[PDB]
Every structure is written in C-alpha cells, then in structure tokens.
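Structure of gabapentin in complex with branched chain aminotransferase 1, cytosolic.
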Amino acid sequence: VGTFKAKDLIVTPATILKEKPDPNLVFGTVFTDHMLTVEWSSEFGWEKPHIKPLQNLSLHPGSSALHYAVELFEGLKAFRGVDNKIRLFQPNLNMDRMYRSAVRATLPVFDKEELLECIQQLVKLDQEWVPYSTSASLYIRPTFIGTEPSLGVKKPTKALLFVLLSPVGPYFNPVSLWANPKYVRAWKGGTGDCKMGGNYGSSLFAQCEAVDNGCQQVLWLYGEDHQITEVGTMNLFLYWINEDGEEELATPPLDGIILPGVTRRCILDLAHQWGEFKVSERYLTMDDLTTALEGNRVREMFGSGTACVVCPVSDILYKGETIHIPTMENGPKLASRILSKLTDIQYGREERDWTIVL
Amino acid sequence: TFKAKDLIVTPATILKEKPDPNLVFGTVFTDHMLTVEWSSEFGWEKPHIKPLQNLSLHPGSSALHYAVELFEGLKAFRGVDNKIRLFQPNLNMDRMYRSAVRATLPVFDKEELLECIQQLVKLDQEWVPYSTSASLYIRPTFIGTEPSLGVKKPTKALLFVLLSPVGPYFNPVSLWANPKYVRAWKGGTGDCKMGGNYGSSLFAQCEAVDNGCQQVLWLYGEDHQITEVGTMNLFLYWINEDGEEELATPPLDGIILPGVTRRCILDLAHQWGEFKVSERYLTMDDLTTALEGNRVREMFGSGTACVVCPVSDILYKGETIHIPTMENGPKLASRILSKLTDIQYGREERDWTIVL
Ligand SMILES: *Cc1c(COP(=O)(O)O)cnc(C)c1O
Ligand SMILES: *Cc1c(COP(=O)(O)O)cnc(C)c1O
Ligand SMILES: NCC1(CC(=O)O)CCCCC1
Ligand SMILES: NCC1(CC(=O)O)CCCCC1
Ligand SMILES: [Mg+2]
C-alpha cells in the first residue's frame, strides 16, 4: 500500500536523439525519444520511477497482460499554444479515470499527483516533440499492465506502469457508421465504463466488418430497443429537435455501458454554460433517430474523443439501407462551434481552468 | 503459414531441475518455449524452439493496450505405460484457430502448429511428471504486437507456447453468486478464449475470495441463469422438473465457452445412456427449488486444469446455500473423473489421445 513519488525520478537521457517528424502524421505511429516506466511488486511495492530512452519491454512470457488482459490505458494531449506555452488539457480527470480503472482491474493504486508530475517531467524533457503547429499535438499514452509470471487467473503481484509519447495530427471529414445489432460493445455489469484493454480487442472483427462496407466506424447498439451508445470508441452526441419540439443536445447516460469521456464532459459543461438549448443525458434508439429524420428534426450527430475532439457523422448503414444524417447540410454549426471553443482553450487562445502550463 | 519442417532448435545450455509433482498451477515452467513471429508484409517467419526467455516487445504492442490476444489450454500425460499422450489436441487447434479469426489475428495451419507443439513437448519431455495425478500443462498464446496506437487489425503478431508442469487446481469449492457482475453477454465474445474476457473477472473473483469463496458462479440475465463455475463449465446432476434423473449443462448460446472437457463429459454421458443428458438453461430458482425438494445430487465444474471440480456451497442472497454433492459420493463426479483420467494416462485406449 503506497505510491511512487516524482521527487524520486531517476532520469537517464538518450545518447542519440531522433529527428522530429513533419506536423503534416499518422496517429500513434511515431514515438518520442523517452518514456516513463515504474515497476511494482506486492512485496516491495512501487519502485522509483524512471525516465529513460524509448525501448522495448522485457516481459515474462507468462505476464497476465498477455493472457488475461490485465491492463488499462489513458490518452491525453499536450498542446503548444499560440503563446508557445505547452499546455495539458484536463489531465487531472485522466488521472481520476486511470485510478478508477486500476481499481476495477485489481491493479495497484497510486498517487495521481505524483504520476501527473512524472508525466510533466517526461513531456518536459521531450517538449520539443510537442508539434510546432496548431492542428497537431502530442498524444500522451499512460499504460498500466500486469506482469504476473504465473498462469493462474488472479490479482497480479507484479505490474509495470509506463507512459509513451506520440506526436499526432488528425485521425472535418464526416464518417459513415456500420450499425449491426449482432455485436455488443458493453453490457450492464461489465467493464465498458472503464478504459481497460479487454473492452477493445473484441471489437476489431466488427471494425473490419465496418470497413468492408465503406464505413469508417462502428455504431454500437445495445438492448432490445437498439439504443445507440457510442460511435466507435467516441461518445455519441445528437443535436436535434426532440419529441417535445425543443432544440436539444443529447447523449447517452452513464449507466454502465458508456465510457465517461473527458471530451464528453467538457462538451456538456460548455453546452450547459451557454444555456442556448436543452441539454439531456438520455436514451436514444435507432427508432428515435429514424422517426426524427422523417420529420427533419435532426441537425447534427458527432462523436467526441481526445483524438478527434469532434467527429461528424453523415451516414448509418442499418438493416441493409444507408440512412443519411444531415449533419454537414447544417453547418455543422454546433460541431464547429464546439471545436473552436475546445481548440481555443487547448492552444492558449483563451484562458480557462481546463489547461495547465509548465 | 509456418511449417514444422522449418523448426530452428536452440537447446538451453543449462537445464533446470524438475519440481516435485507441491506443484502450484502455472508457476513453474520448463526449459524451452516455441515462438513464431508474424508480420503483415512478410507473413510467418520460421518457428523457433528456444530456451524460456522474456519477450522483448515494443511498448505499443496492441496486446498491452487493446487486449488483442487469445490463448489455449491442454495437457500431455505420462501413461501408465510410460507413453506420453496428448488429449484431444486437434480440438484445441480448432478452437484456437476460430478465436484467431474472431480476433483478426493471422491464420495458421492447425496441423503445423500441433507438430511444433509435439516437438516442443518432446524436447522437454522429462518435464511430463511421473505421476498419475500430475501432468504437463501446455499454453499456446497468440498476441498482436502492432507497434502503433491506432485501434486496428494488427500488422505484427507473435505466437508462442509455454510448458508448465502442474498437479491439481476432491477439494469441494464454495461459489460466490453476485448478479451485479456479468462474465459475458449475447453479442459478445464469451465463447472464445480471448484475453479480454478474463481481465474484467478479477474484481469479482477477488470479491469472492475476501467473502469466503474460491470461485465465482457467473450469473446471466433477468432470471439469473447459472452459466459457469469460475472459468469452468457448469454441470448439474439431478432429478429435473419432470422427475427424470438428468445431467444438465447450459447450452452453447454464445455466452458459454465450448470446453473440451465439457464436450467429453457429454459424450460419455450420452454413451452410458443411464440417464437423460440435457444442454439447457438453469436458473438459481431452478436450483434452490430443486434443493428444497431434495432433487439435487451433484454439481461440478469442468475444465482442463480441473477435469472435475465439485461444488459444495453457494453464497447467493446473503445466505450460504449448501449443495449435497459430497454427501452423494460424489458418485457421478468420481465415475467421470475415473473415466477421463484412465483415458489420459493410457489405462484405456481411445481415439481421444495421441501418443508421442
Ligand atoms: C477513451 C474512450 C472515449 C473518449 O474519452 P475521452 O477522455 O473523451 O478521450 C470514449 N469512448 C470509449 C469507449 C473510450 O475508450
Ligand atoms: C478454457 C475454459 C473452459 C474449459 O474448457 P476446456 O477446453 O475443457 O479446458 C471453460 N470456461 C472458460 C471461460 C474457459 O476459458
Ligand atoms: N476512439 C479512440 C481512442 C479515444 C479517443 O481519443 O477518442 C480509444 C481507443 C485508443 C485510441 C484513442
Ligand atoms: N478455469 C480455468 C482455465 C481452464 C481450465 O483448464 O479449467 C481458464 C483460465 C486460465 C487457466 C485455465
Ligand atoms: Mg497443411
């Protein structure tokens, strides 16, 4: 029972550094010169955190992360603002979610402040990788895995916490969605509300089946009434005129099968803040969708996430039929506004608690 | 696909001493392992049988981030005639292959993989315990080693096999039944040995442990269907609602993993023909109602690690529900255990075993 502390950081600089890429960058493909690694054991607990040259992990073949998916991750960004100050966006929320995930995965808890500071140091050393752009950023990937060498399924007595850095650009460009009720992403009583690796491996089949039909992503449906939950691995937002005739920004509620995105939260806070229209966390089914469509009640639909921020949807292939979404034929005003707002806050073109400097 | 004919063998320079057959499941490993690299641009590399060593993986490998991984479990047994046998190995190759497809991992020639495994076990054959109550556990593992963080079909992967001598896993177990957690769901992948299905079980499993139990009784649906005993297929031996003696186990509707042991037990039950054999749904209420009527005789889980694992108690709604398995023999559990072990250790010759 304890934690590692940033003041104990053991930094080992890379002798040979790599050349930065061109800001104009396939997501998660390029990695910086250094990484963060912290060992753990139930015997001695957390060791001293290390910032060393990016290298391969040396894992026992029996590591529980390779057999029973004892792992979890996070994804946040650092932005080199217009005032050229490197900033983090709502990092503390990422530390809160990662912690909640480590517990749900039975992985060893840690001090969020210490980790966030270790991440600060790691990004500081490689601050030059933070894209000298305004449409690019630095992707931060915290990863927690069980390295228990035994094959028995149980709480790991060994784990490794690491952080990778990758400069990224994009990921508008409306997307087509593949809606097949035969596949379910999360279930009540499952781990769909956590960022645990196990919830992602089983979706590759659906994804491939998605591209096989010109769709860039999967629209995850759930239950008898086919509630629409998430766009691929992005939270789903629906801007429309509800059943009562009111202008509304809707999104599925956090009832266990939806991941509580940091971007989802921010979009909700902004929406409430403006008070220009009803904001509701409610259930949305395909029928609610189609009925609204054949009434011209829909305006926009988009997914939200750290990677895309705001990703417009234009089509849903459902029951062998392409259902068009007027998202683009309506601006998308709401979606563009939200992008500007967050972008302004991310790159320093506007002050707000949501960001941190260093 | 890789060919067993291209195996590159690098024997360990120093051999480890064999453990006492005592043995804690999957904690001791043999001298060698099988590794086969795959890439999207070149396909499979040649298979390597080399000394047990750590895996050097790029920190971005999808197996660490998105659970792009699956695994298998089977055993080698030293016969009473000293012949080492594999039990239904081709069924594991089949299941592993199906899982590979559902996981979007590269396909391989089932027969070639088996031959590579046979050769690995042959090299470390002295590890196959000289006991009729111990065996050599075989762990084929398939992981995606895609370097990029984008979520997609891997362009790089690794297939490896570890060997581990093991003893047990009748020590009746008590199960913890809490509907709040769900092992797998319709539309899911609970019918595959993909890593993802296990990581989410640890929280419930630990809750079962600090609550006086050793395994989780996985419940599903509004009517609380009893699906599996921990990660072992569930069997109920009783007199059903029609008053018929019956051996029942949940149907393969998608939330149940098709265990080889499960299929074998059903096979044996059907051929003995001494009672009704049913692949059907079983709910906590069917169970409790049956207990009150004294219709339950036995309950046990089945799996490679524990061929037959009897259940004695179930903590359900704030109460401990006793299952009379042990005071009923357990006649059928024993008979079944006896039969299967006799086949595995060669006391009986059957097509379910492959020698050397
Ligand atoms: C990571 C993730 C999101 C988005 O969360 P953000 O913190 O907003 O990046 C949404 N859905 C799923 C399933 C996710 O894994
Ligand atoms: C492996 C496994 C079983 C048992 O299958 P066998 O082929 O008999 O070893 C049962 N349930 C789950 C969830 C499993 O992973
Ligand atoms: N849809 C993508 C992410 C989330 C996001 O940033 O929207 C989750 C899977 C791993 C890559 C990131
Ligand atoms: N219940 C156990 C296993 C199966 C078995 O052999 O019963 C699956 C999880 C990994 C260890 C093996
Ligand atoms: Mg062939």
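Chain A corresponds to the first sequence line; subsequent lines are lettered B, C, and so forth. For chain A, we keep the numbers from the PDB entry: what you see runs 22-45, 47-193, 199-385, in order. The numbering of chain B matches the PDB entry: 24-44, 46-193, 199-385, in order. Ligands are counted one by one from 1 in listed order, and the atoms in each one are counted from 1 as well.
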| For gabapentin, which ligands or chains should I point to, including every copy? |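 It maps to ligands 3 and 4.
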| task | State which other chains have a non-hydrogen atom nearer than 4.0 Å to gabapentin (ligand 4). | result |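 Within the heavy-atom cut-off of 4.0 Å: A, B.
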| message | Could you help me out with the residues around gabapentin (ligand 4)? Anything with a heavy atom closer than 4.0 Å counts. | response |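 Heavy atoms within 4.0 Å: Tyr90(A), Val175(A), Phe95(B), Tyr161(B), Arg163(B), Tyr193(B), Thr260(B), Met261(B), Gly332(B), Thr333(B), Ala334(B).
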| N or O pair under 3.5 Å between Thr333(B) and gabapentin (ligand 4) |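 Looking only at distances, the answer is yes, because the N/O contact criterion of under 3.5 Å is met.
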| task | Run the numbers for me: atoms of gabapentin (ligand 4), each under 4.0 Å from some heavy atom of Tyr193(B), listed by number. | result |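 Result: 1 (N), 2 (C).
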| Backbone or side-chain N or O of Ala334(B) under 3.5 Å from gabapentin (ligand 4) N or O |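 Min N/O separation from gabapentin (ligand 4) is below 3.5 Å for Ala334(B).
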| message | I need the atoms of gabapentin (ligand 4) closer than 4.0 Å to a non-hydrogen atom of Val175(A), numbered in the order shown. | response |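 Near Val175(A), meaning under 4.0 Å from one of its heavy atoms, gabapentin (ligand 4) has 9 (C), 10 (C).
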| So is there a nitrogen or oxygen of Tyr90(A) less than 3.5 Å from a nitrogen or oxygen in gabapentin (ligand 4)? |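 Looking only at distances, the answer is no, because the N/O contact criterion of under 3.5 Å is not met.
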| request: Please list other ligands or ions under 4.0 Å from gabapentin (ligand 4). | output: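 I find ligand 2 (pyridoxal-5'-phosphate).
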| message | I need the atoms of gabapentin (ligand 4) closer than 4.0 Å to a non-hydrogen atom of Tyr161(B), numbered in the order shown. | response |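 That gives atoms 12 (C) of gabapentin (ligand 4).
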| request: Check each atom of gabapentin (ligand 4) against the heavy atoms of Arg163(B) and keep those under 4.0 Å away; list them by number with element. | output: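 By the 4.0 Å cutoff, the relevant atoms are 10 (C), 11 (C).
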